[PDB]
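Here the structure is laid out as structure tokens; the discussion comes afterwards.
Sequence positions, counted from 1, serve as the residue numbers for this chain. No hydrogens, no waters, no symmetry mates; every other heavy atom, side chains included, goes into these values. Both ligands and their constituent atoms are indexed starting at 1 by order of listing.
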Amino acid sequence: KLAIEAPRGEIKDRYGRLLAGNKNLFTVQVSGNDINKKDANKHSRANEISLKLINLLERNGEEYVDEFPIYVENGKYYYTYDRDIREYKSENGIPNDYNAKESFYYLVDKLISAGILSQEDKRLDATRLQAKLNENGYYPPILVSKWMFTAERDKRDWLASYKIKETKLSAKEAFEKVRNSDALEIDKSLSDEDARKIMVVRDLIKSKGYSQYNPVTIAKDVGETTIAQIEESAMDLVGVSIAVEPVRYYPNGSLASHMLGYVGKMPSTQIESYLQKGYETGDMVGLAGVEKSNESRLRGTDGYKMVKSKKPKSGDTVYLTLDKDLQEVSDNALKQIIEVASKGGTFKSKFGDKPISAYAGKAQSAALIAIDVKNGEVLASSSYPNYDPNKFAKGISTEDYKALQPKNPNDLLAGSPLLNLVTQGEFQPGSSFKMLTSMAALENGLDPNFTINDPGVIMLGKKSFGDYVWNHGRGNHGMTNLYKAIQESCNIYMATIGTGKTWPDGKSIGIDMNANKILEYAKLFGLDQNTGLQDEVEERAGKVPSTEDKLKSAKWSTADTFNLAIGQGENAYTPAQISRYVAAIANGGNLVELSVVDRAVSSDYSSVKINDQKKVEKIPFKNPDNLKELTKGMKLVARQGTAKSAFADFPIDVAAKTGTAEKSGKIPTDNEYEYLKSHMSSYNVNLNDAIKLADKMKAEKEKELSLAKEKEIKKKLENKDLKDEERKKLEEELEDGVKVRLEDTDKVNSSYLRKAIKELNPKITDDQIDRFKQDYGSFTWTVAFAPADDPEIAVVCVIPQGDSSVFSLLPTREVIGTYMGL
Ligand SMILES: *C(=O)[C@@H](NC(=O)[C@H](N)c1ccccc1)[C@@H]1N[C@@H](C(=O)O)C(C)(C)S1
Ligand SMILES: [Zn+2]
């Protein structure tokens, strides 16, 4: 019974253009049996052929599998195992001199402090506590049982297999054992550079198991020269052969990488899982995006033979909803606005260029989605930075995935390229949320023409709330009704109808409006629900701030109402959510369930519409004609409002709202205590003096708590009728002396170091102490639907930390333009 693998189903675009398909490659395979069987010779020919093969490939410039666990970086021998531990610790802020148990709890402490666990949960059966981490999404490479790192155990089991049960820690000395090994018995005459090159092949073959099912692929892709010299030089290279193997390939490279996703190695965690589902070991699998969601479908139905014969059926071809041609525009447009904002320059546009400032340097990431407002079909979805799915095809999880794929600063809004910002970046909505505020107000009787003489600022607090024009110059909007409000983005107007009062001069207006009702409408526009993509691709949906979860643990502040009413406060939603919200305005008030997987076609050209059952459910508005006001305003934004700069001389009637959201405060560090330490000098304090003092403050608190604990125990002991067993426990506490200890978390250890800094420099502020941390920063937005009077397309474009609002409009214009067939 042999393993005949089915050809992987293709992924195509809406119109049938190949996005992901298969191609054949020449691999160099090596037979274990053949290379290292002997008859009369003491030594097999293995190490002689091994050394010959690598050198051959090396000369010809062929890339070859090298998963031998000891490397040479600068005459220094290092374990891959070990590098893997200390690289894991960096990415969580665990001090590299922490052992596995210490490393483990550090990660628990991390999440308790973060409101993900409780201080009580902190102690449990480690297995139950690991089970709490895993289901919660943190998989930390540690064996709870022996309190040791997986990759350290694997270092044991490797030295066990070459019968080196003596674990004196060594890399170069261990290399020699394995070289001069019983089971490999290399020539002592040879070079140490040559020996490793042999061990590469010898360890490959040895790691694949005892029974040695089939040959072993030593090089996954080779030129015409090698295939000649391996077939030619056949008499030397006994076990060596050429095979043809199919690989996955993405013709258009990184185009739509996140939606498509990628195939790679089974994550070793799950190998067991996949072998129970009937996969072979060498098999590649869907790891992200549609490649993963439709893994079963694309996998096909593989076949078998005996040879002591049934044909495999190929995977169904999966058609996405994306337009290959609209996707290119959106990927290219996002790529431009970041690379031009990098340094400086200008943005080229089929629809008339614009130069952009150089000092917009903080902007690294960006996202954009365009959907069919009638049926939720996702026509283009684009997140930057991104990745070439082709680099995972072969199975490069060792290094190049660790080199460039996870990124700064373990907060993904500016960071990792694997992240699909369109479905996984929760951002502050911005002022797009203003048509949502307005809708609810309109629906509580507001007259669009209600006009106010614009202060530019409310001074309800000691602190001030004001229009952007009033925050820069002494600003004003003057005579403002809803239409001018939406058109120039007046924040005051929005606060006033938000609260349904006038501040602070008259209080109530003719309408019953409040933060709860603003969130009631946010809910109705489906900002509380998953988009529809949740089961097609990786999505991390936002949640509408719960008014109910405030009460059960007073009401909403009338400055929590102000912010919330202009897309600030705890609002935080994916751009794909915002896409549905805007679609509902655009399509007369219908909440469309989004789709990115359109249909599938079998080998036998049978088809099926997958996005067939996608809810298009009518939002129960007290009067959907109200949505016509939101448009009327949104059109003025394009005609003579904030977005006039880009949309005024534009063939298409476009309804747009701009935005920019400032999220307050700093992004917390991996390790607060290390932070304070590494920044002590800049606070004009001495580390030793700071540390010493912090320890004194802790010892001072430990005493204070001991004294009180003592009083408490003595008081319990004064209680007559206190069953003996308890009286004995309370006595056994005291009987030695009570010595209370603070936990020795990072939250605690740091709390004191901070307190000590504040003493030793009595003028320094908290903000000054925290200046070196990353800012959550600003995010600049644009949402639009076209053509305004009979809309077909809704587009949403976010650039976190973009300078002007023009960065958001320019990709939204290119995409609108291209869709409309200009
Ligand atoms: C909506 O997002 C509004 N933005 C704000 O109120 C923020 N407090 C803010 C953050 C960063 C810079 C300035 C203000 C209005 N809409 C914006 C737009 O459409 O571009 C705005 C700049 C007119 S303010
Ligand atoms: Zn105003």
Which protein or nucleic acid chain has the most heavy atoms near ligand 1, under its name in the PDB entry?
Penicillin-binding protein
How do the PDB entries name the drug found at ligand 1?
ampicillin (open form)
I need the residues around ampicillin (open form) for a figure - heavy-atom cut-off 4.0 Å, please.
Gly430, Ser431, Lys434, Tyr468, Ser489, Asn491, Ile566, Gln568, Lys657, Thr658, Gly659, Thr660, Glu662, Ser805
I'm curious whether the model shows a covalent bond from ampicillin (open form); which residue and atom, if any?
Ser431 OG
